[PDB]
Amino acid sequence: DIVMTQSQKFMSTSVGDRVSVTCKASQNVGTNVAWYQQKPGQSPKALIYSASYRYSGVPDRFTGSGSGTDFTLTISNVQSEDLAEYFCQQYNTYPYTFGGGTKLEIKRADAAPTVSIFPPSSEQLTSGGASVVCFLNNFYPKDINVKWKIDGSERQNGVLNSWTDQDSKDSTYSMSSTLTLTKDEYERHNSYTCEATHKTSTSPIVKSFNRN
Amino acid sequence: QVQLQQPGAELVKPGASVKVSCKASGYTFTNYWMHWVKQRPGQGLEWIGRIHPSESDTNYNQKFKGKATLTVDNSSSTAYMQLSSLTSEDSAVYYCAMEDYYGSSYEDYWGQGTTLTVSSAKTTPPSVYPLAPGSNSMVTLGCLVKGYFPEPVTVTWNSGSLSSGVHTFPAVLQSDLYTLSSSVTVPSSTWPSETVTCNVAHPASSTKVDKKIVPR
Ligand SMILES: CCC(=O)N(c1ccccc1)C1CCN(CCc2ccccc2)CC1
C-alpha cells in the first residue's frame with residue numbers, strides 16, 4: 001500500500017500566523033490527495049480535494065499544494081477554531097490511505113485556572129456513594145497539579161482526573177478532578193479542599209467546603 | 001442538505017457479528033459512492049472500502065476482506081457494513097460518508113460514527129448527578145455522568161441552546177465503568193433565575209436523561 005507520512009505529529013502556532021502541515025507519499029499519487037480536519041468528539045471534515053481545491057464553505061485561509069509525492073496544507077491567519085488534527089490522504093490507488101495526522105497547538109498568554117468545588121449530590125448519596133468534583137477551568141499553559149485534602153490531610157486514592165484539549169474559543173485548557181468516597185467515609189469528615197498548583201500563582205489556588 | 005444516520009453504539013460479544021446501518025436522506029441515494037472509515041480510540045483513520053448503490057459495485061481495502069461486507073437497500077436508502085468474527089481489535093468508531101457537487105466545489109457529509117465495543121460485559125446506563133455550588137460575576141455548574149458502559153455518552157446543556165462556556169471532559173474508565181463530567185459557566189444574573197439543565201444521552205442503553213441544576 002502507499003504510505004502517507006506526516007512527520008510532525010504536533011505543530012505550534014499563534015492566532016494570526018501561518019502554519020504549513022507537510023505530507024509525503026511513498027509513491028507518486030498525482031494530485032489525487034485530500035486533506036481533512038478533525039476536532040475532538042467529531043467526525044472528520046474534508047478541507048481540500050485534488051490537492052488544491054477547497055471543499056464547499058472551507059475558508060480561503062486554507063490552501064493546498066503539491067503534486068507527485070510532496071503535499072502541503074497551509075493555514076493562513078490561524079484562528080482559535082482551527083485547533084484540530086489534520087490528516088492527508090491519497091485516493092490514487094487502492095487502498096485509500098491516510099497520513100498519521102498532525103495536531104495544531106495554539107500559543108497564547110498565561111491564564112490562571114478558575115477553580116470550583118462541588119459536594120456530592122443528594123441524588124448520589126441516596127445509593128451509598130459520594131463523589132466530590134473539582135473543575136480547574138480555562139488555564140494556560142497546560143501543566144497543572146491538583147491535590148485533595150480531607151480535614152486538612154492529603155487524600156490520594158479515589159481521585160480520577162480528565163483534561164480537555166485546547167478550547168476552540170480561547171485556546172485554554174481545563175481539567176476535572178473527581179474524588180470518589182463512600183457515603184460512610186464522606187460523612188466521617190467535614191472539610192473538603194481541592195488545591196491547584198499552576199505557574200500563574202506562587203501559592204496553591206484552593207477551593208473548599210465544609211459538610212457542616 | 002444531507003443526513004447520514006448511524007446508531008451511536010453497538011455492544012457485541014467477542015466472536016459474534018454486527019451489521020451497522022447508515023440511513024441516508026437529502027440526495028439521490030443511488031448516484032453516489034458511500035465510503036466507510038474506521039478509527040480506533042485516539043488513533044488515525046483507516047479506509048475500509050466503498051460501495052455504489054446503483055448495482056452494489058464495491059472496492060475493498062484488502063485488509064478488511066473476510067471481515068467487512070458492504071451492502072445497500074435501495075428501498076430504504078440505507079447502506080450497511082457487516083463485521084464478522086468480532087475481536088477487541090474491531091472495537092472502534094465506524095463512519096459512513098459521501099460527497100456531492102454544488103456550485104464549484106464538492107461538499108462532504110458524514111455519519112455521526114458508530115462506536116462498536118467488542119465485549120462480553122453488559123450495558124450499564126449512567127447515573128446523572130447535578131453539580132450545584134454549595135451555600136461573583138460568573139457561576140459554574142456541572143453534571144456528573146457516572147458508571148456507564150460502553151462508550152459513548154453525549155452531553156448538552158438546555159437542549160443545545162447553551163453552547164458557550166461549556167467544558168465536557170473525556171471519560172475515564174475505572175472498575176469496568178466509564179465516568180465523565182461537564183461544566184457550564186453562565187452569568188450570575190441568569191442562574192438560578194433562568195433554568196439550566198444538562199441533557200445526557202447513552203445510546204447503547206437507549207437512555208436520554210435531563211437533570212435540572214437547582215441551587216442547594
Ligand atoms: C475517506 C473517504 C474518501 O476517500 N473520500 C471521501 C471523503 C468525504 C466524503 C466522501 C468521500 C474521498 C474524498 C476525495 N474525493 C475526490 C473526488 C474527486 C475525484 C476526481 C476529481 C475531483 C474530485 C474522493 C473520495
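Per chain, numbering begins at 1; letters A, B, ... match sequence-line order. The figures here come from the full heavy-atom set of this structure, side chains too, leaving out hydrogens, waters and symmetry mates. Order of appearance sets the numbers: ligands from 1, and atoms from 1 within every ligand.
- Located at ligand 1, the drug is listed as fentanyl.
- Bound to fentanyl with the largest number of contacts is the chain that the PDB entry calls Antibody heavy chain.
- In contact with fentanyl at heavy-atom distances under 4.0 Å, by letter: A, B.
- What the entry calls chain A is Antibody light chain.
- If you check which protein heavy atom lies closest to atom 12 (C) of fentanyl, you get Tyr36(A) OH, 3.8 Å.
- Counting atoms of fentanyl from 1 in the listed order, those under 4.0 Å from a heavy atom of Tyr96(A) are 4 (O).
- Heavy-atom contacts of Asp108(B) reach the following atoms of fentanyl: 8 (C), 9 (C) (cutoff under 4.0 Å).
- Note that atom 20 (C) of fentanyl has no protein non-hydrogen atoms nearby, at separations under 4.0 angstrom.
- Summarising the contacts of atom 13 (C) of fentanyl with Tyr55(A), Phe87(A), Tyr91(A), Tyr106(B), the nearest heavy atom is found in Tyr55(A).
- If you check each of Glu99(B), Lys45(A), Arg50(B), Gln90(A) against atom 25 (C) of fentanyl, the one with the closest non-hydrogen atom is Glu99(B).
- Of the protein's non-hydrogen atoms, the one nearest atom 10 (C) of fentanyl is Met98(B) C, 3.4 Å.
- Checked against a 3.5 angstrom limit, the closest N/O atoms of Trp110(B) and fentanyl fall outside it.
- Of the protein's heavy atoms, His35(B) ND1, 3.6 Å lies nearest to atom 2 (C) of fentanyl.
- Interface atoms of fentanyl facing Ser50(A), defined by a heavy-atom separation under 4.0 Å, are 21 (C), 22 (C), 23 (C).
- Within the listing of fentanyl, atoms 1 (C) sit less than 4.0 angstrom from a heavy atom of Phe98(A).
- Applying the 4.0 Å criterion to heavy atoms of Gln89(A) picks out, from fentanyl, the atoms 1 (C), 3 (C), 4 (O).
- Within 4.0 Å of fentanyl on heavy-atom distance sit the residues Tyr36(A), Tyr49(A), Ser50(A), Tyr55(A), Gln89(A), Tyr91(A), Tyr96(A), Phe98(A), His35(B), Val37(B), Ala97(B), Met98(B), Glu99(B), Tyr106(B), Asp108(B), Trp110(B).
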